[PDB]
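Below: the structure, in structure tokens.
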Amino acid sequence: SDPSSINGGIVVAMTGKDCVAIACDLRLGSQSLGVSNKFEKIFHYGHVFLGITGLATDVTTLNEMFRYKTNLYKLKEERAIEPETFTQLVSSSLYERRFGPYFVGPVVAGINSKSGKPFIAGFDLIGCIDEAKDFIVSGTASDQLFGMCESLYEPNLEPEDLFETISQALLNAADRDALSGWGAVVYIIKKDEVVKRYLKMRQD
Amino acid sequence: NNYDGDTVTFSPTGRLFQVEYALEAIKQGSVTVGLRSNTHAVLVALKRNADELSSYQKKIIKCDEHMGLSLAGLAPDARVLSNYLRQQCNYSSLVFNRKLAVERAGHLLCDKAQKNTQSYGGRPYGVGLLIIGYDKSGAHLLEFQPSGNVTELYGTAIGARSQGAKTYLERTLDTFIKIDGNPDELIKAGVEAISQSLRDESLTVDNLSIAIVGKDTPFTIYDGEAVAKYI
Amino acid sequence: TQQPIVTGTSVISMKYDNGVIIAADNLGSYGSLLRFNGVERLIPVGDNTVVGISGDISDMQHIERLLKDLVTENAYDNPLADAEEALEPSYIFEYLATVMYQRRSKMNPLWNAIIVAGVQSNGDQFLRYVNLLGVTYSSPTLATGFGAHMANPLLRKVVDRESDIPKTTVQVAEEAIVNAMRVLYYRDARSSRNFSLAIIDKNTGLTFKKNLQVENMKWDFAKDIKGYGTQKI
Amino acid sequence: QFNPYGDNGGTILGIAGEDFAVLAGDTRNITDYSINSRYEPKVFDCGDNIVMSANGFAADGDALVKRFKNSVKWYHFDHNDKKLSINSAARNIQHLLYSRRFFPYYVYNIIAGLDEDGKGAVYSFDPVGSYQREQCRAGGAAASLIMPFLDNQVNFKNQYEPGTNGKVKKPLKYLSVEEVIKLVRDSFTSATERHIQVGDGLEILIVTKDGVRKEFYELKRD
Amino acid sequence: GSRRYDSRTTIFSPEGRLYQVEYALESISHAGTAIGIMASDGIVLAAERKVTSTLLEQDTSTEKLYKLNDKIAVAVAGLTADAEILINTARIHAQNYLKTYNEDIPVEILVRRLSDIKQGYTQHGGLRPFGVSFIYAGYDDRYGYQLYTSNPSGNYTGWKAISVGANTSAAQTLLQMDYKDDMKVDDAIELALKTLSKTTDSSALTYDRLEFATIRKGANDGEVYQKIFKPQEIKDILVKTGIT
Amino acid sequence: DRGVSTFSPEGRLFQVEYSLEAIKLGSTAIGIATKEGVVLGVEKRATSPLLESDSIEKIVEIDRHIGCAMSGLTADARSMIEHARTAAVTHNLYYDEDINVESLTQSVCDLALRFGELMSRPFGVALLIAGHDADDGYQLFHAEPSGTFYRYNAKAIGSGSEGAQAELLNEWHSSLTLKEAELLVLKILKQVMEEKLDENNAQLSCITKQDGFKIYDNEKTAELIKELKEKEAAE
Amino acid sequence: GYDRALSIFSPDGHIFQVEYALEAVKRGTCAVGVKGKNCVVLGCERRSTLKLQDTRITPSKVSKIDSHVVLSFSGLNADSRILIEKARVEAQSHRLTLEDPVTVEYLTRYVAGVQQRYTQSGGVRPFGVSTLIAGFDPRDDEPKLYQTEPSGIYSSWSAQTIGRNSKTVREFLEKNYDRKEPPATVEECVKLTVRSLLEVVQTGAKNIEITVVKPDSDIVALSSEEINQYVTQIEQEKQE
Amino acid sequence: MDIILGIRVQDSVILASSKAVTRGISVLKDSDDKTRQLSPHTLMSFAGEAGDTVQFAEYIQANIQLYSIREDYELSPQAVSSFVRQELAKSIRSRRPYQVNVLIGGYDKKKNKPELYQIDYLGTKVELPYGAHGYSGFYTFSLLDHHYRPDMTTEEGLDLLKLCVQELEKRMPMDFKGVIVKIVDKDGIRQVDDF
Amino acid sequence: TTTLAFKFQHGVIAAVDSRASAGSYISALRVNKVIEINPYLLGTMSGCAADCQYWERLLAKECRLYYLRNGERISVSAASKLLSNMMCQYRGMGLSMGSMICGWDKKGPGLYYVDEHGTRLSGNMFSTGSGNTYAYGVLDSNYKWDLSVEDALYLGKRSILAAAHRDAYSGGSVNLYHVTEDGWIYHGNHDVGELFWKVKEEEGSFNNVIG
Ligand SMILES: *[B]([O])([O])[C]([C][C]([C])[C])[N]C(=O)[C]([C]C1=[C][C]=[C][C]=[C]1)[N]C(=O)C1=[C]N=[C][C]=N1
Ligand SMILES: [Mg+2]
Ligand SMILES: [Mg+2]
Ligand SMILES: [Mg+2]
């Protein structure tokens, strides 16, 4: 019944030293039934990364919408959109459906190409921006993720250390959530290289 | 000349030529006569045929049990205006349980025709109407011009050669007004009036059209052998 | 859809030999609070019609304005506005009935019960009812609200059918109406002692009586009533 | 919450003869346990030798009759004063009723007159516009009281011929106007006895080739 | 009324021509020449900027060559403002298609859509047509490399090599002479510049008076790259081909 | 330029008068009404011998009891026929009966003057509407783009109309049979047509109470043409 | 909205805008339609003023409206796309609501109706296009060939041509086409269609397009070489 | 309606759909084909609320057929599935949504690969080796998870499908009156007339 | 209500009961639940009488207009679809209509079931209404394609009788129709009271009931 917990799923993002990380589980379900173990929830538009949790049809719809808008942005501006600017675009787009909203929990992550500054942001389903310094969490195991992140996280972690921290935050949160899991992906993002890693986890 | 291209243009002398041209269509139309007493009101109309194989175009239209009219000019425009009268008569009955006064019916026709004379795109109505009726203030006869001008009269005539019938009624004024409680004699006066506008042709059985309304007489139209009595 | 706020109670009326009588009290109630004591609920239209209204007062005032505008509109381009083409009771009623039924059909009613009393051009008595549902009916006696339950029985003893109308005089009819208003004051908790009464006669015209009071009341027997059963003191 | 509907009681009865038709109805109008009027006409002459009655919610009933009377008027205007036949009137009324399919006229409607062969005709309608020609129909409050009696006394249902014992039916002999009026009066007298919303008066409209005639009879006023 | 002042932009002449379309084409014949040449391994778009100034900021300027998406580009001849209205509509159409089908829009489908918009202004609405002619250079996986043109009438056709704007008669003759089917991009680059150099109304063809672009599969492995040439890169290719 | 709904100084609508000129250029259509039925006949007038003449549909059914023939800009007639068919069937839906021929004709004519600046111009086609009803019997109407309609005992429209009408003036009487009317239409069509009349370039039809509206076969018409030739050679 | 009456009557009873639309058709490239005993062939002229054309991607002159019906035209190319799109939409709309594909006559009647509508609607001009619509009705082996024009009139033809110099090729068809015995085979029908275009075309190279439509949705377009063989055989018989 | 299954094997896609249609307490039909051919190499099966299913399917069919005629080209299964998804995502926020779940089985002639897409009435799309809607997956997925290989033949796919139907027929309370099976491959669409 | 229709060798049979109810009260003994759309088309009725009458008489309007435009009679398939599309517009608005469109066209006999949801099903045999389960029992055990017109008429008649007996909201009388390639043929009104006793004696059935 609750649109935000029909399909299940989670997303988490973290900042590090001259880097950011964003990770998600791979489950898509119909309440108790697991349907897909390849439903990735992280997308990217140039160097800006967007993770979306919640109702799967809206996840897909919003990805297609932001691809649409960022491609036009680039044609007109003659440059790729930056994380700070994209964050405002997400907020604007969600609030235009104030009284008929997309049932989603978006998360933005990336590095500004000019300043080199790491950036993350989270939103509620209607556009409110949470621009955190440390981490952002979203999904059906957000309570679990808050507990993991708040204890495991420390500032200025190196990319390969940040990977371990965010991976363990996701994995152990997902293993205490019935509607999350069935695989996981982690993106490690630096100013001009991005690595993508699929994690091995329990498949129940 | 340069000021007759549309209805929205006054001439330098303050004339509206499109309205005047619409008035001209009435003069080309077949003659019709209207007259009344204190008890009854009568319409008499000379119907026109296309040829010997054709029927004679109907001239008189019923609007309500107590009201109707005769036409001269563009017949489709008379159908539009009579349809409007039917609706207005009917609105009065359904909403107010009230028969529509003939004078108010004239005011409504005036205002409807006027809107077509002041706006761009449209055109004036190309027909003249003679409305008869019996209401709470007795018998009535109205003359409608598509300029918007509506006039209450004892008697009148419109159409081709209508001046002959109009002069006759102007002489007979004192006589026919007194024909109270005698429908046949009032019709006779109307048939004699319309006869003053005839040339070459005469009143035959499928040529003549008569209508009457009065104190205890609903608006009824007489055609065919029903008017042979008056020929 | 709404709810009535400030309300007026019964309107009562009856036919007699030469015309009609209609009456209604001067109260505007606010639930159980008897808020407004100077409200006129009989509204004359010309010199041949009186419209009596019960129910929501804000809607009554709206109807009052429609009738006032109806008189203004009828006079337009009408040389016989004060003669043959004056407003008739039947015209006024049919107009209101049309409005009431249209408003109920849009699910936004005028929350009223209305009685139109008057005399026609030919001298015929007119008395017809209409309410928020657009329901209409006519009878020798008519009453709204509590009046329907208490007044009608009393008034029907005077005029039980159509043939009793010519046998009923204006003195007898007014006496019955005034008695009914007293009975309603005894028994209706949303009534007042002060009321208005209107007579429309085919000979003497419209007589509008204001500031009438219920009088000749029986209360003395109350002194002997003690307790609710066994109490003697 | 505002309820746009109400119940004004009343009962109506239509019977089709061989060369005539009757449409009867009581004259009592009510709400709940009160009488509004002892004489409020419910059966109307609509012109063209057609009679009509819309029983149920009086406001919707008056509106429908008013609109049909209007439809007859415009039928004359549009089709050269042609007489509206009873079958054509019936089909027209269906479309008047179904225009408010999603906010219906709350009435059971009956019309009566003569068909195009001069025979008696009665048509019966439900609130949403289903209709059908019938020989006999009671409508309204006491409809369930009256119809069985008419099945028995008009169509001779469950009646057989003495001596045969169920083998031969009672033959369906035609009824005169005097005979039909007797059955109408007894139907309403019986309905008045057992139904509180029926009483005060009975008004009958009789339709023949000569026109529309009226008859009135007193009913019990309690 | 208003009828008095109506030019009636959407009517036939007695000969069966559309007045405004013909006059719009007359306008376009005075615009800077744009050339498109299709090769087996890519497409070339070359175009001449109209009598420029030394104080014009060229590196940030764009009047001829526009990007519709990553696979499709256009060369413009006519009113630039009119072209930008249509260009933005085409960019939206391409994105609508991509959102609906999750595939890049086939070149012809985009061309047909823009050409239908142009057609509409010639048949209804009472408005003047767009005074623009496009050369579409694009790639998809059905027909590969494609060149199209559209004009104010809304009519469009496919080409191996084509010119629009000024001196198209002379330009088309030169292209028809030297073009061959087995031609390559580097050769087509040379043909385009040589044709402009001969047809130009200017005294000499220089880098500051040109806009240039290529669409190549010369992108690392099975994919397509759009290259809008920079002022310095146009200057280099002019020296390479031996024009300056 | 000038308004589409403009009156001339003589009191006529320019556009209506000009549409009448287009109708004069149309192929001939003739209608004759009798007490046994109404006959409708038309000139097909194929522009080329390769044009399959049976695809030329200038006589049309509106209802079982109403037929229609056309002359002028025949493409304009299609929406008029569509309205007529809809009006006829809709009335049957509302009133469980056939619609009167006059009422049908009036409904078609109500479209006529719905033009201005609704459609942009009047219709450029005239219609002969023939039918039967119980009230007024066999009827023939001429529906013009002016919105006017006249009833006729016999009527011709199109290019050879005034010549045909003069011929119909002399030939028509109130005791004509259906067979006599059929031959009379064929006779007058043959007189005004450019090409020689045969079963392929001319078409007949009729409306009777019993059988309703029927378009005649080319074989049936061919026999009536042969019957016509012999009776003209008989004196 | 723009409501201006562009198509109006003139004093002599002509609608000039509709007549000028026919002049646009006269300017268009020649199109021809010939129906045999068991097929219909549509021939189309391609003007050779335009070389360096890409014939793979250039809009073809013959368009499929459905799997069993085709449409060719003469006149304004841009105008023809609007009629084709509407026709294609109506074809699918008919299948969806009636569960049968359109008949050739029905599709023609619809396209002709659209053309007519644009001659008495405000703010629009007539289509400068005449069409040839051909095909076979579902579960029918009788060939169908219709023609439409800007005014909105339509009719069936044993053989017909439209466009520039159509007067000449119609002259040819009128003397060469026999109704009692139409082209019995596909070869004879194509040969007669190519012959008719050779009266007008110029060179028989890439200037002639041929599309054969057979019953039961069997539609194919001939290639350059296949047509060139007809062109070769015709002239070799002519040298005598 | 009730049951729709799909399986993508080596060189084809197999769709199985139940034959039953029930009105009230009565089974009106036991031979209903819950499928529509969208294009020569694309088949869509459907299940959901009465009426909406066929209406939606035929509407999609008309749109794809219109595209095919306009471009003289067959859309890829992926492109068709995205079009269908958008229509359902559009529909879910409408005044009255179309309550329809679909499986789209297609053979991509360009890539020479079979493809199966599962889309629910919300517009939730997933590409799968095998799929189902409603309760069907609850009974069948354990068998498919165990036995499925990507290199299976069409015949092996049918045998695994028979095992799924047998399990459904054993453990489902509802009688769905067997299934119609159709195969989508490089040669087009064909029906298995004996199952 | 009980209606049935089935295809067979010599066309299609259509049979219906005649009862109409308002709660427990039997409001009509003799309603006509079959509409004669045209000489080759029939439509049955179950559900709300107003909806059945209005929308099927509106269907006949549309089928007549089809004949005038095309000069050809409409197919059973096309007619059934027009009706199902009407239902789809008022989808959810509360209409109540269950009907079978019976006829003979170029493909031979045709039979389609249509309901208020927009459902449209082609088939050999259907039955609708409160008493359809009883009719199906008799139909399923006795139906063959090899039936004669006489036996087929009796089967449909006997099937309605079965339902009229057991179902409280079915009864009154049986209306029979037989659709051929030369058009439908009415086979009369049959009172259930008289038919029940007649069938009981001649067939020997309904032993449980005393007569
Ligand atoms: B039948 O029962 O479906 C019948 C068919 C209709 C065409 C006459 N309907 C009814 O009897 C319904 C009630 C009903 C009973 C059982 C199932 C479904 C519906 N009654 C009416 O339609 C009706 C209409 N007007 C007056 C009385 N009853
Ligand atoms: Mg688990
Ligand atoms: Mg009683
Ligand atoms: Mg029973």
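Numbers restart at 1 for each chain; the letters A, B, ... are given by sequence-line order, proteins then strands. Counting convention: from 1, in listed order, for ligands and their atoms alike. FYI, side chains are in, hydrogens and waters are out, and symmetry mates aren't considered; it's all heavy atoms of this structure. Heads up: this isn't the whole entry, just a piece of it, and contacts are only counted within that piece. Structure method, as recorded: X-ray crystallography, 2.5 Å.
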> What is the name of the drug located at ligand 1?
Replying inline: bortezomib (bound form)
> At the binding site of bortezomib (bound form), which chain contributes the most contacts (name from UniProt)?
Replying inline: Proteasome subunit beta type-8
> What other chains come closer than 4.0 Å to bortezomib (bound form) by at least one heavy atom?
Replying inline: D, I
> Nearest protein heavy atom to atom 24 (C) of bortezomib (bound form), by residue and atom, and its distance?
Replying inline: D/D126 OD2, 3.7 Å
> Looking at bortezomib (bound form), does any of its N/O atoms fall within less than 3.5 Å of an N/O of D/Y108?
Replying inline: no
> Protein heavy atom under 4.0 angstrom of atom 18 (C) of bortezomib (bound form), is there one?
Replying inline: no
> For atom 11 (O) of bortezomib (bound form), which protein heavy atom lies nearest, and how many Å away is it?
Replying inline: I/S21 N, 3.1 Å
>> Okay, next thing: which UniProt active-site residue in chain I is closest to bortezomib (bound form), and how far, heavy atom to heavy atom, to 1 Å?
In response: I/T1, 1 Å
> Identify the closest protein heavy atom to atom 22 (O) of bortezomib (bound form): which residue and atom is it, and at what distance?
Replying inline: I/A49 N, 3.3 Å
> For atom 5 (C) of bortezomib (bound form), what's the nearest protein heavy atom and its distance?
Replying inline: I/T1 OG1, 2.9 Å
>> So if I count the atoms of bortezomib (bound form) from 1 in the order they appear, which ones are less than 4.0 Å from some heavy atom of I/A20?
In response: 11 (O)
>> Check contact between I/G129 and bortezomib (bound form), using heavy atoms of the residue and a distance below 4.0 angstrom.
In response: no
> Is I/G47 close to bortezomib (bound form), meaning an N/O of one under 3.5 Å from an N/O of the other?
Replying inline: yes
> Can you tell me which residue and heavy atom of the protein come closest to atom 27 (C) of bortezomib (bound form), and the distance to 0.1 Å?
Replying inline: I/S27 OG, 3.2 Å
> Which residue atom forms the covalent bond reported for bortezomib (bound form), if there is one?
Replying inline: I/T1 OG1
>> Closer than 4.0 Å and a protein heavy atom, does any atom meet both conditions relative to atom 14 (C) of bortezomib (bound form)?
In response: no
> N/O to N/O below 3.5 Å, does that happen between I/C52 and bortezomib (bound form)?
Replying inline: no
>> I'd love to know the binding site of bortezomib (bound form) - heavy atoms within 4.0 Å, chain and number please.
In response: D/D126, D/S130, I/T1, I/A20, I/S21, I/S27, I/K33, I/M45, I/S46, I/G47, I/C48, I/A49
Any protein N/O atoms within less than 3.5 Å of an N/O atom in bortezomib (bound form)? List the atom names and distances, or say none.
residue, atom, partner, partner atom, Å
bortezomib (bound form), 2 (O), I/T1, N, 3.1
bortezomib (bound form), 2 (O), I/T1, OG1, 2.3
bortezomib (bound form), 3 (O), I/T1, OG1, 2.4
bortezomib (bound form), 3 (O), I/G47, N, 3.2
bortezomib (bound form), 9 (N), I/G47, O, 3.0
bortezomib (bound form), 11 (O), I/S21, N, 3.1
bortezomib (bound form), 20 (N), I/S21, O, 3.1
bortezomib (bound form), 22 (O), I/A49, N, 3.3
bortezomib (bound form), 25 (N), D/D126, OD2, 3.4
bortezomib (bound form), 28 (N), I/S21, O, 3.1

